[PDB]
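Here is the structure we will look at, set down as structure tokens.
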There are 2 protein chains.
Amino acid sequence: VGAXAXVXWXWXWXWX
Amino acid sequence: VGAXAXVXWXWXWXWX
């Protein structure tokens, strides 16, 4: 279903 | 900034 695996790109929110 | 790396969890939207 949909495309890819999961939701968004990466892990969490930001960079740090 | 924030926490983690990127936005969300995974790659794209769904599973497939």
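In what follows, chains carry the letters A, B, and so on, assigned in the order in which the sequence lines appear, proteins first and then strands, with residues in each chain numbered from 1. Non-standard residues appear under their parent amino acid or as X, and any extra atoms they carry are left out of the contact counts.
The drug candidate or drug found at chain B is named gramicidin D. The PDB entry assigns chain B the name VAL-gramicidin A.
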